[PDB]
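In the model that follows, one finds avanafil.
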Amino acid sequence: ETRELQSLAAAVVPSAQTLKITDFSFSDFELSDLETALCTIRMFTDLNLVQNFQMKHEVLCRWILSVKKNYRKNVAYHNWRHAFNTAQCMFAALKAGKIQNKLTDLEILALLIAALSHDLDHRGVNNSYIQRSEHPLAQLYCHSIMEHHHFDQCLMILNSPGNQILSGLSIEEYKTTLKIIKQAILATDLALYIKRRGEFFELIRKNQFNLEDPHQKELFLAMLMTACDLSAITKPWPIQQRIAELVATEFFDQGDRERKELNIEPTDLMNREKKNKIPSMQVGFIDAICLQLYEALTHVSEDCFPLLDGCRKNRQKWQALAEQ
Ligand SMILES: COc1ccc(CNc2nc(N3CCC[C@H]3CO)ncc2C(=O)NCc2ncccn2)cc1Cl
Ligand SMILES: [Mg+2]
Ligand SMILES: [Zn+2]
């Protein structure tokens, strides 16, 4: 195909150990785009997906480049690097967290594709903005608007000539995998996490959680998607500090759009005037959204404790910054 493909396809794919992708503390900051593509190949390979599903090397490389291409390079946070890191956290939870022992390769295939694809064509604004602005997508979908679009994009790329990494699946495996992918991408709508997490937390608290139950299995994969999606909140403080810059940039850029295009005053979360409140806001988000999730996940796998540990340490640093 293109020069990028040729370079990628011919490149040696270093080991997962070399690439550090099993570390919960992994950072992509020193990596070129090409190296993030090699990391992604390594993820598919070491989860046995390439071999078990008979993926051709050129097809996987083209698919990865198609996915990366369909994230926007002018969206500060929801871009290819966020999707790549989400997939890397999924790899680490599966390997270092040993969750791969409890899932089938078909489930893992869907999870990894969904992690990589779950914010495709994100435009730097949230569902509330899409609805309030009367964006065309808001006429197509009533809820989880962007996430429905992310899945549409995901399926378009999976079906593109030369990109069909699922061609080796039988029709029944293909249908099941697409449905898991769709659920997994829709799960990254924080609104759906908030609606469904109470059931997960109570099953865990009562020690009634049963991964053999298909409903609880689907619930767990949704919680795991959220855990990977939010995982910047667990990173070592140098990383977290930098990711926070991007989140704030994207939030405040939406606030500017709401002022200029919708003539409304943005909430504090998206109001650049309130930037000195980011520490207290990070603490609020950790308490409200993050801690119980990483706490619950460790009841599923004790080896996922580094995520919870990392979350607690960032809350300590953010609370110290809030106290000024
Ligand atoms: C202005 O700048 C910020 C303002 C707030 C925060 C903390 N709040 C979030 N932080 C993240 N991110 C993603 C990566 C880790 C973390 C950044 O550390 N994402 C989403 C939110 C968030 O509040 N969403 C709205 C919402 N909350 C609860 C229920 C429904 N809706 C961080 C920054 Cl930077
Ligand atoms: Mg999203
Ligand atoms: Zn995301």
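Note that chain A carries the PDB entry numbering, so the residues on display, from first to last, are 536-859. Ligands are counted one by one from 1 in listed order, and the atoms in each one are counted from 1 as well. All values below were derived from every heavy atom in this structure, side-chain atoms included, with hydrogens, water molecules and symmetry-related copies excluded.
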Subject >> Every instance of avanafil >> reply: ligand 1
Original post:
Which chain is the largest contributor of contacts with avanafil (ligand 1) here, and what is it called in UniProt?
Top reply: cGMP-specific 3',5'-cyclic phosphodiesterase
**OP:** Give, by chain and number, every residue with a heavy atom within 4.0 Å of avanafil (ligand 1).
**Re:** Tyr612, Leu725, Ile729, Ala767, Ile768, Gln775, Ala779, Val782, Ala783, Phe786, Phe787, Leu804, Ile813, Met816, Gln817, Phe820, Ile824
Original post:
Does an N or O from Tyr612, backbone or side chain, lie closer than 3.5 Å to an N or O of avanafil (ligand 1)?
Top reply: no
Original post:
If you look at the UniProt active-site residues of chain A, which one is closest to avanafil (ligand 1), and how far apart are the nearest heavy atoms, to 1 Å?
Top reply: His613, 7 Å
Subject >> UniProt domain of chain A holding most residues touching avanafil (ligand 1) >> reply: PDEase
Original post:
Counting from 1, what avanafil (ligand 1) atoms have a heavy atom of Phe787 closer than 4.0 Å?
Top reply: 1 (C)
**OP:** Using a heavy-atom cut-off of 4.0 Å, list the UniProt Mg(2+)-binding residues in chain A near avanafil (ligand 1).
**Re:** none
**OP:** Taking only heavy atoms of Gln775 into account, list the atoms of avanafil (ligand 1) that are under 4.0 Å away from them.
**Re:** 18 (O)
